[PDB]
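Below is one structure, written out as structure tokens, with a few remarks after it.
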Amino acid sequence: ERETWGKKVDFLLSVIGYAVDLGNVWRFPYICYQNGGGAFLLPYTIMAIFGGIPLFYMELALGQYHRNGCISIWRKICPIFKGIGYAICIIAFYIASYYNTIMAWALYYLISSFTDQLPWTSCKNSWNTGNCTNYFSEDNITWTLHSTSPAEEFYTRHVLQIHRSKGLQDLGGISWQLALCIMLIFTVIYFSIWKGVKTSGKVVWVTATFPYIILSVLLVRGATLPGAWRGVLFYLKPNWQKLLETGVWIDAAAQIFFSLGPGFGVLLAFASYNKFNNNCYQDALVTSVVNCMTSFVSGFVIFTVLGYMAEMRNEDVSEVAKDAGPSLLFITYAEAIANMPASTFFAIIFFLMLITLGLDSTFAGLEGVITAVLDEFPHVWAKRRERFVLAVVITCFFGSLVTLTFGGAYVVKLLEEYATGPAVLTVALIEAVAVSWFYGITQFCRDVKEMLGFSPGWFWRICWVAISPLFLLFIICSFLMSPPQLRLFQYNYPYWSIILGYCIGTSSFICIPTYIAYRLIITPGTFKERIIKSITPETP
Ligand SMILES: CC(C)CCC[C@@H](C)[C@H]1CC[C@H]2[C@@H]3CC=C4C[C@@H](OC(=O)CCC(=O)O)CC[C@]4(C)[C@H]3CC[C@]12C
Ligand SMILES: CC(C)CCC[C@@H](C)[C@H]1CC[C@H]2[C@@H]3CC=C4C[C@@H](OC(=O)CCC(=O)O)CC[C@]4(C)[C@H]3CC[C@]12C
Ligand SMILES: CC(C)CCC[C@@H](C)[C@H]1CC[C@H]2[C@@H]3CC=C4C[C@@H](OC(=O)CCC(=O)O)CC[C@]4(C)[C@H]3CC[C@]12C
Ligand SMILES: CCCCCCCCCCCCO[C@@H]1O[C@H](CO)[C@@H](O[C@H]2O[C@H](CO)[C@@H](O)[C@H](O)[C@H]2O)[C@H](O)[C@H]1O
Ligand SMILES: CN[C@]1(c2ccccc2Cl)CCCCC1=O
Ligand SMILES: *[C@@H]1O[C@H](CO)[C@@H](O)[C@H](O)[C@H]1NC(C)=O
Ligand SMILES: CCCCCCCCCCCC
Ligand SMILES: CCCCCCCCCCCC
Ligand SMILES: CCCCCCCCCCCC
Ligand SMILES: CCCCCCCCCCCC
Ligand SMILES: CCCCCCCCCCCC
Ligand SMILES: CCCCCCCCCCCC
Ligand SMILES: CCCCCCCCCC
Ligand SMILES: CCCCCCCCCC
Ligand SMILES: CCCCCCCCC
Ligand SMILES: CCCCCCCCC
Ligand SMILES: CCCCCCCCC
Ligand SMILES: CCCCCCCCC
Ligand SMILES: CCCCCCCCC
Ligand SMILES: CCCCCCCC
Ligand SMILES: CCCCCCCC
Ligand SMILES: CCCCCCCC
Ligand SMILES: CCCCCCCC
Ligand SMILES: CCCCCCCC
Ligand SMILES: [Cl-]
Ligand code: NA
Ligand code: NA
């Protein structure tokens, strides 16, 4: 028999810690500022109500009924789409390649914070070149275009050492400091998810609830600051005319789908361990509302601190938050923390928040892949979950050996934009179409009624058959036609970077058509018999 969760709060906190991550602490406030303001919460809630939330509930109920991973459920839903599972696996190898190393940066920052004076306050250090001017109106104020804040120098010349990498063309060298700081992270991850869901479910009691104990302290500190009101009044001020631009809705859809994550193959893995009669409706509602409210509150703390630091300089906002990426956590917020009264305590606390914020998501992705593979091939890797988790962790670390180089930030951005792009959305769209159209939403509603005790309402069937595919289609058709012009640390990505990104995404996607061709060509029969007997779920 499978290994059930052992306690319901284990499942709740696992999903809650997987939904909240290092992205929505820097990505949601930046996105809310850039795309409107308080007028972005309307498209956020509109694309959450009809978008991420019904897909979230669909995946949870599907996994909890079929009791399989993401490579084996398709044996009893639509056998031709089994390739989806493989695609999901590949996607993890990309995300776990870069996501982990971001936490590595955080860990290094935390190791740097154990000093009486934080290293990114003064700029008389070794890595700190000219063009500093000490920032924050320190002594003589001659802030020019060539000047650079000390935290920027610390991030891009000590933690990253990106100045010894000419660019994405030459990723010269490799940081041994970051290599150690990520070997420790992978040790933590593997020893937290190795024994399965009986240990990875009690670990997330302290890495999915510590970020809240830390957000509370960070919020109470930020709110009682000089310049908090300007930091919030520039976060919730509605640019209503911004709603008229399709980009705002496109971005709200992308944000909700990539913060809830309905389609990465992890919700099925977590829900498959649930008891049969477990209420997935209440779990989906609670762990989606908690995700959305956590994103909102994290935006509050980020913007209150930003407003404080912009009021200290007595200069306007939107030039403080120039950088659109993890730099915001390591260059801007680190600066504002370094100017706080008890700078050391809040630096340590903030980077502990970041590490515990990313750890749950890494646990969840890795365990989704582990469950999928452990269930697809049950005879091999049965009494050896530990060895397979070891192989998964080693493979992820070896794939993360490139983002640890000096041009590490370049590959981190390249994997951040691609990999998790139209490939993930296409996989999720094929999942929604396979369950709702092929397996039939009437049979899915019969399954959900025999589990929960009530058939899904008309809203759920309408949002599963029609609106949710017509939402992933919106995101996909809007990501493909508009190609990004990537940039990071005054580096214009080359021509071949977009080709490399397209190949990165296609490597993930091509798992689906390949398996479709394989199954249609190996199956005996005529021209139509192949598809008719490859759509019907396999008899037990
Ligand atoms: C971000 C800051 C400013 C707000 C702090 C929010 C937390 C205090 C909340 C958010 C999510 C909550 C958790 C969400 C899920 C659950 C599962 C719940 O478990 C049950 O299902 C038990 C129900 C019962 O039988 O009474 C126990 C509370 C707990 C851990 C909650 C405890 C309180 C938490 C951490
Ligand atoms: C603006 C201020 C007052 C903050 C208060 C917001 C909450 C009261 C709302 C905002 C979004 C809501 C959620 C958005 C989506 C839904 C789906 C909804 O599903 C349905 O069955 C809806 C049926 C229908 O819409 O006809 C159940 C409630 C829930 C979780 C909502 C619960 C209540 C939430 C958190
Ligand atoms: C010391 C540094 C420089 C190298 C790190 C090596 C790791 C890849 C190894 C070393 C110790 C290993 C663990 C020690 C022993 C085993 C038992 C091994 O056998 C089982 O399947 C145990 C089954 C059971 O628990 O009964 C499974 C892998 C595991 C847990 C290992 C997981 C991988 C670890 C961390
Ligand atoms: C169905 C066949 C497709 C299989 C895979 C084909 C590979 C195609 C890869 C194309 C890569 C585009 O990758 C995608 O580009 C969009 C375009 O805005 C960028 O997306 C970016 O802008 C959007 C707004 O639109 C926001 O959500 C956010 O600021 C960021 O994600 C990212 O870079 C990536 O999400
Ligand atoms: C892309 N980010 C996610 C993720 C999934 C699996 C592994 C790592 C990560 Cl980072 C995708 C699902 C929503 C939030 C989550 O962090
Ligand atoms: C600042 O940087 C520019 C090039 O980015 C360089 O030419 C200039 O000499 C630097 N200033 C100082 C004081 O080092
Ligand atoms: C009528 C329901 C609209 C829901 C809007 C939620 C976010 C609005 C925040 C308050 C406006 C500044
Ligand atoms: C992140 C990669 C997921 C799939 C795991 C590949 C390696 C499995 C073991 C192969 C060597 C024995
Ligand atoms: C119940 C919460 C579990 C938190 C993570 C494991 C803690 C183990 C402590 C004993 C070994 C040092
Ligand atoms: C996100 C906070 C809760 C949203 C609704 C959860 C539904 C639980 C059923 C009982 C509500 C009182
Ligand atoms: C029984 C499984 C057969 C699968 C054949 C092809 C799988 C996808 C290959 C795409 C590149 C990894
Ligand atoms: C694609 C699965 C069935 C393969 C049968 C032969 C198809 C050959 C013509 C299409 C080539 C693109
Ligand atoms: C709570 C799920 C059902 C919501 C109502 C759907 C139909 C609305 C009236 C046409
Ligand atoms: C040599 C075989 C490589 C894998 C073939 C997968 C099916 C091809 C369909 C035309
Ligand atoms: C995660 C399991 C990968 C299996 C891929 C099979 C492809 C055969 C060519
Ligand atoms: C970093 C956590 C590792 C936990 C392993 C426990 C080993 C005890 C002998
Ligand atoms: C049975 C040993 C499990 C050890 C869990 C360690 C968790 C580290 C974060
Ligand atoms: C019943 C679940 C209790 C969770 C408490 C975790 C607190 C960790 C600091
Ligand atoms: C004990 C099993 C370890 C297998 C490591 C595989 C690494 C693949 C790159
Ligand atoms: C310069 C030291 C490199 C450390 C990593 C190489 C072996 C994993
Ligand atoms: C139940 C709807 C399935 C999709 C319809 C496609 C018509 C060509
Ligand atoms: C889009 C194809 C749907 C087929 C459903 C199964 C046949 C009734
Ligand atoms: C097939 C069950 C009801 C579907 C409602 C309409 C979807 C477009
Ligand atoms: C999307 C709502 C459809 C309602 C039609 C069926 C009412 C019994
Ligand atoms: Cl969010
Ligand atoms: Na999130
Ligand atoms: Na987390």
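All residue numbers given for chain A refer to the PDB entry; the residues shown span 78-617 in order. Just the heavy atoms: all of them, side chains too, but no hydrogens, waters or symmetry mates, feed the values below. Whatever order the structure lists ligands and atoms in, that order sets their numbers, starting from 1.
Of the chains near ligand 5, the one making the most contacts is recorded in UniProt as Sodium-dependent serotonin transporter. Of clorgyline, clonidine, sulfaguanidine, esketamine, caffeine, only one is at ligand 5: esketamine.
The serotonin-binding residues of chain A named by UniProt that have a heavy atom under 4.0 Å from esketamine (ligand 5) are exactly: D98. The search for other ligands and ions under 4.0 Å from esketamine (ligand 5) returns nothing. Taking UniProt's list of Na(+)-binding residues in chain A, a heavy atom lies under 4.0 Å from esketamine (ligand 5) for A96, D98, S336, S438. TM segments of chain A (UniProt, N to C) within heavy-atom distance under 4.0 Å of esketamine (ligand 5): 1, 3, 6, 8.
At a heavy-atom cut-off of 4.0 Å, the residues contacting esketamine (ligand 5) are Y95, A96, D98, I172, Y176, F335, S336, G338, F341, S438, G442.
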